[PDB]
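Opening remarks: the structure here includes alpelisib.
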Amino acid sequence: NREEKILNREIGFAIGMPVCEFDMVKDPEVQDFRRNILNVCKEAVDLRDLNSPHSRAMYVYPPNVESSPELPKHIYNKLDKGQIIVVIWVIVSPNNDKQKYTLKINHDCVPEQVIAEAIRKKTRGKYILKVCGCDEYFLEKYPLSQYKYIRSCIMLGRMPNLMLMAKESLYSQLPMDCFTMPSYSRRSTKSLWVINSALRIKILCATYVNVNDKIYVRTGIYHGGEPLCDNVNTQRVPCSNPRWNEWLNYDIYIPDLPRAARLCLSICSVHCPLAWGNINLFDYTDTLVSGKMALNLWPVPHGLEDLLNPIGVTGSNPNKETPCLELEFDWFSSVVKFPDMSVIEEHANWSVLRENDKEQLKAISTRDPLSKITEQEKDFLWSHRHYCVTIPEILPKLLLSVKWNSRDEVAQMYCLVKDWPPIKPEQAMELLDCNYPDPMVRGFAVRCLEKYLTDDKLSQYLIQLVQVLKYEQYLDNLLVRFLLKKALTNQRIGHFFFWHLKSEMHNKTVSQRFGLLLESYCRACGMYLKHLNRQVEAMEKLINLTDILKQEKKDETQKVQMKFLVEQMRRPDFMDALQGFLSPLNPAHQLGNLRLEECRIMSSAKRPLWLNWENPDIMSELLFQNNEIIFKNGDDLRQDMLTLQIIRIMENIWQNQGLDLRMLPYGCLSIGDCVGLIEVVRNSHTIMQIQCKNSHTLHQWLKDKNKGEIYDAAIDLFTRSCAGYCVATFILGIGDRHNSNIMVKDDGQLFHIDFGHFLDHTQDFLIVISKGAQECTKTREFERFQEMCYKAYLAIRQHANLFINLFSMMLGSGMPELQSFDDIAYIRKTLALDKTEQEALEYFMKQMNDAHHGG
Ligand SMILES: Cc1nc(NC(=O)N2CCC[C@H]2C(N)=O)sc1-c1ccnc(C(C)(C)C(F)(F)F)c1
């Protein structure tokens, strides 16, 4: 009717292509995916609408809290006998008069326990605490130290500004929104293990094979990246008539193919491959493909080594002009189905010590997921299946020991997975990579993922959990139903879940899968769809604004380029879309009225856009009066977000161990095709600008801005904020540390800025470390700059598996740095976990003393 036709237009605006364009898809899987089996996401809507409007407040404004309630030991010493001073504001007045209160509370006070003391001070479930200057609310019962804002105040010794609002005022801001089902929501066999035959797949011809010496098709059965059998060749034929009509015979027995087994295609010319394509041998209904099939082949491999592409996308190229290879897979005069779990469980049951072996299990468990496991070690893990259960973290290595060529082994391993003890979520994430493709294995991780991930940990790893959706071979699966439910229960999760999918829409390998996912999110996200629509039109206004600035690239600032930006932002169509919404880079920051005098274009080779937005809050001055965000268009920001996510994980590990590393990872998001946003850090200047364009001017600026008892802190933190970025630069192999890539805050805290590429491709810093000494090396303060570095990598080395699992997931992301696992070998190269950290230290000095010529 009218409302359904109305709703379907902004949904197509928020995703970029119409909803009706999904109705013309002929694929039964796509239409079946959109049907009511996936619209059970109404359970998310029913959950968030259950205890309205409190549940709608929790959904719209989810708490930004910490994973661990317990405060670090060194941070607990920053308090005053377990007390934190907070300023409580109660504003009841005609227009703008504000009342200020100061409280003496514990650091772990309940958010509604602050009200009791604040009201008691005023009067020597009615109010809520909002952070002054942003839309952050203390709605959930969590310790104040657990909340990110108050803990960050203890991080830097800042003053926590919290103000009082009546809960009825926030509730009135959340009108009820209901979920309505769409039009398309209305609406024996033969086992695979009973047919005694070998796998036999016919190659007929290539419709539009890319050729301009002979052409042959290279095929192989794969389960992840390992070969499920010997690859089978095809007779070479002339390029003019690539007609093959050959029934290739595979050494793999038909009642031996695993559920996730798939056939990989490769048209090769003599031996350079021409095109690649993977075909799932089964379907989402557990049906082995039969009859004639047509597949359009993807473009020339993936810049990889071997001919086939075992890991990738299982499907036909959306472009119909791509080389199309038609195949006649099977003909058994019946419908052949992969057996149910009950048959498999009985099949496995039918078939069925304190030596160094128990100590060898621990050694294999602690090894990193790139140390190749030898066959004798793989056979070693085979015979200790009943003992590998005692060590839950051996499961990733056990799943590579089992051979998927054998029906009895895979059936035996299935019974292990169901009774396998739950593991840590960080380890369970590796089970969702390109390897480990078995649906029971792939679904085991999700069950532990949904039980042990917190909302903030999910927020840190959300960029990783999205990228592993592509490693799933079907549109409907256990992982997406976990991710979709999370996005429709938390606005903060849903905000970044939406923007991460939408950023990956220009990629036709995932546009079909992500487009269906976005539609299921946009249909049930509630009133946030119009907020998201405002952000989408605000960003797409800037995307065309930056693109039209790229037309006049050869121009200077304070000129045609600068005057075009000034005049084009005063236009009511431009200006209305560019205010009164929530910042894409932070859902709690309202990008209100613009400041045309405070928005400019940087005079750099990229020319990004400095954009300044007022803070429309009655108490905006208590945090910040303006939002500064860098909108740049032309360079990919996916590498930047990954590196900045490593920094956050790196500093969190160091902080929890009593190492007061105080590095600052600035906000970063990717919103489209190499388009993104950067959270500006104010009160910070590039070193290249500090030295106006001598090797002592850097220390002078820090000295005159910190005079008296505060001079030590500008030096105490400068050493700690420079040590953390030298280790992080070398561990991650980040590029040249240009003077323009580094900025230092007013109070000595410095950080690195141009990140991106990594793992490959008399200093004014030192005089500051020695507190202005001419020879820093001989000074005592230099030993603190080195002893703290030495105590640091042990935290990274003890937690190197996390930095490996999180890197194994971006292979299917299109980022050139992480094409293969060989690019993650740099992590174990610069950390050396196979060695001992008694001897891994010596490798670190030999690298710092070679580039810096001693020290
Ligand atoms: C996180 C961050 N904070 C900044 N702060 C200021 O620029 N400030 C802070 C106040 C004065 C002003 C200045 N020019 O001194 S810049 C910045 C940043 C982050 C990432 N890339 C960049 C650039 C400039 C290299 C790029 F590529 F975007 F153009 C900048």
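We count residues from 1, following the sequence as given. Every heavy atom of this structure was used, including side-chain atoms; hydrogens, water molecules and symmetry mates were not. When a ligand or atom number is given, it counts from 1 through the structure's own listing order.
- Contacts with alpelisib are greatest for the chain named in UniProt as Phosphatidylinositol 4,5-bisphosphate 3-kinase catalytic subunit alpha isoform.
- With a 4.0 Å cut-off on non-hydrogen atoms, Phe751 does not touch alpelisib at all.
- The residue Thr686 has no part lying near alpelisib, judged by heavy-atom distances below 4.0 Å.
- Counting per UniProt domain, chain A has the most residues touching alpelisib in PI3K/PI4K catalytic.
- Using a non-hydrogen distance threshold of 4.0 Å, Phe755 does not register as a contact of alpelisib.
- Protein heavy atom at the shortest distance from atom 23 (C) of alpelisib is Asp754 OD1, 4.2 Å.
- Looking from atom 26 (C) of alpelisib to the surrounding protein, the closest heavy atom is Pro608 CG, 4.0 Å.
- The protein heavy atom nearest to atom 12 (C) of alpelisib is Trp610 CH2, 3.6 Å.
- In the deposited model, no covalent bond links alpelisib to a chain.
- Shown in contact with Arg682 at under 4.0 Å from a heavy atom are these atoms of alpelisib, numbered in order with element: 9 (C).
- Taking a cut-off of under 4.0 Å to the non-hydrogen atoms of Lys632, the atoms of alpelisib that pass are 27 (F).
- Atom numbering of alpelisib starts at 1 in the shown order; those under 4.0 Å from a heavy atom of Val680 are 3 (N), 4 (C), 5 (N).
- At least one heavy atom of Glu679 lies less than 4.0 angstrom from alpelisib.
- Considering backbone and side-chain N/O of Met743, none are found under 3.5 Å from N/O of alpelisib.
- For alpelisib, the atoms lying closer than 4.0 Å to a non-hydrogen atom of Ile630 are 28 (F).
- Listed by number with element, the atoms of alpelisib under 4.0 angstrom from any heavy atom of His685 are 15 (O).
- Per-residue contacts place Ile753 under 4.0 angstrom from the following atoms of alpelisib (heavy atoms of the residue considered): 1 (C), 18 (C), 19 (C), 20 (C), 21 (N), 22 (C), 30 (C).
- Atom 20 (C) of alpelisib is approached by the protein to below 4.0 angstrom, counting heavy atoms only.
- Less than 4.0 angstrom separates some heavy atom of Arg600 from each of these atoms of alpelisib: 14 (N).
- At a 4.0 Å heavy-atom cut-off, alpelisib touches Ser684 through the backbone alone.
- Annotation: atom 5 (N) of alpelisib to nearest protein heavy atom, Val681 O, 2.8 Å.
- The 4.0 Å heavy-atom shell around alpelisib contains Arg600, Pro608, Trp610, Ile630, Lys632, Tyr666, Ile678, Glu679, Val680, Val681, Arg682, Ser684, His685, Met743, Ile753, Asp754.
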